[PDB]
> 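I'm sharing a structure that contains palbociclib.
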Amino acid sequence: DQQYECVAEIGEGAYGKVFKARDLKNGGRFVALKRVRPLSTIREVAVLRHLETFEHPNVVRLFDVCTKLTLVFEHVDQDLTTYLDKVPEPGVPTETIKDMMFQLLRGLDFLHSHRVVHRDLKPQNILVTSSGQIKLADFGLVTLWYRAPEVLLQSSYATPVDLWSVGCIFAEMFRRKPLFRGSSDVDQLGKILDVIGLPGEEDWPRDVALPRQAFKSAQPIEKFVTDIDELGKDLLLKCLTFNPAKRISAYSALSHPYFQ
Ligand SMILES: CC(=O)c1c(C)c2cnc(Nc3ccc(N4CCNCC4)cn3)nc2n(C2CCCC2)c1=O
């Protein structure tokens, strides 16, 4: 659009490239824009232009949709990735991990309550403002490291998909490196079960291509996620529960003694 001007390139990918641009009309503020190169997809934008009306403090603001499209949003300074890349030793402060995780679950509880699933939650799209405020981005239409077991298996794809990704990002917050760094669904699933263990046959998805009988003893987490309290250990384990039905929800997670 002519109401905006491209200065730099934020990110590239299959979904299309997003750019940092100057919103000349609105006091030359920095805005993030992404193009698109038509009936059941009308909903996607109707849910976002609606989600917008609640202006949740932990989700990127949308500014406009122009025409073949141009999507303008709020520009955030950096992501969680480059945030972790610059934090001095011995990593992120206990309280900084606990705070940023709250803002993450709030934005997740907001999206879930409004029947929205992120589906691709990674540090690359968990943005962080100058003030240090978490903003969820890259939703309302690679790296399997954050993919949930059931997505990998191709069974369910419901809201517990993001609670796995959050336990993966919660670990990476301490560790400062991906917990499960697989290279294929089968490799990912593997590396996952090498840590959490083989779940009971009762929790394995009934009727899927990959059987339980194709993989492991449960390993303690304090080994892989170094200096984490028994409370954070309790929360992250509930986040990383094989059975999506047993996996904690952002709403019960927002309650947990870890934030008390
Ligand atoms: C489509 C989006 O929701 C969206 C928005 C609105 C956005 C806003 N500010 C960003 N701000 C950032 C975040 C990081 C950078 N750097 C990119 C170059 N390397 C250093 C970090 C620059 N700007 N980045 C944004 N993204 C990126 C997240 C991952 C994919 C693109 C987005 O998807």
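For chain A, we keep the numbers from the PDB entry: what you see runs 10-46, 55-84, 93-166, 181-254, 257-301, in order. Determination method: X-ray crystallography, 2.8 Å. Remember, it's 1-based here, ligands and their atoms both numbered in the order they're listed. Just the heavy atoms: all of them, side chains too, but no hydrogens, waters or symmetry mates, feed the values below.
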> Just wondering - which macromolecule does palbociclib (ligand 1) hug the most here, in the naming of UniProt?
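By the greatest number of contacts, it's Cyclin-dependent kinase 6.
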> What species name appears in the entry as the source of chain A?
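The deposit lists Homo sapiens.
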> Where does palbociclib (ligand 1) share space with the UniProt ATP-binding residues of chain A, that is, which have a heavy atom under 4.0 Å from it?
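Sure - UniProt-listed, with a heavy atom under 4.0 Å: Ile19, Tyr24, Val27.
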> For palbociclib (ligand 1), which UniProt active-site residue in chain A is nearest, and at how many Å (non-hydrogen atoms, rounded to 1 Å)?
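The closest UniProt active-site residue of chain A, by heavy-atom distance, is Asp145, 8 Å.
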> Most of the residues of chain A in contact with palbociclib (ligand 1) belong to what UniProt domain?
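The UniProt domain in question is Protein kinase.
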> I need the residues around palbociclib (ligand 1) for a figure - heavy-atom cut-off 4.0 Å, please.
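The heavy-atom binding site is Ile19, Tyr24, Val27, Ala41, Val77, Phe98, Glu99, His100, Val101, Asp102, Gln103, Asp104, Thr107, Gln149, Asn150, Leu152, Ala162, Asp163.
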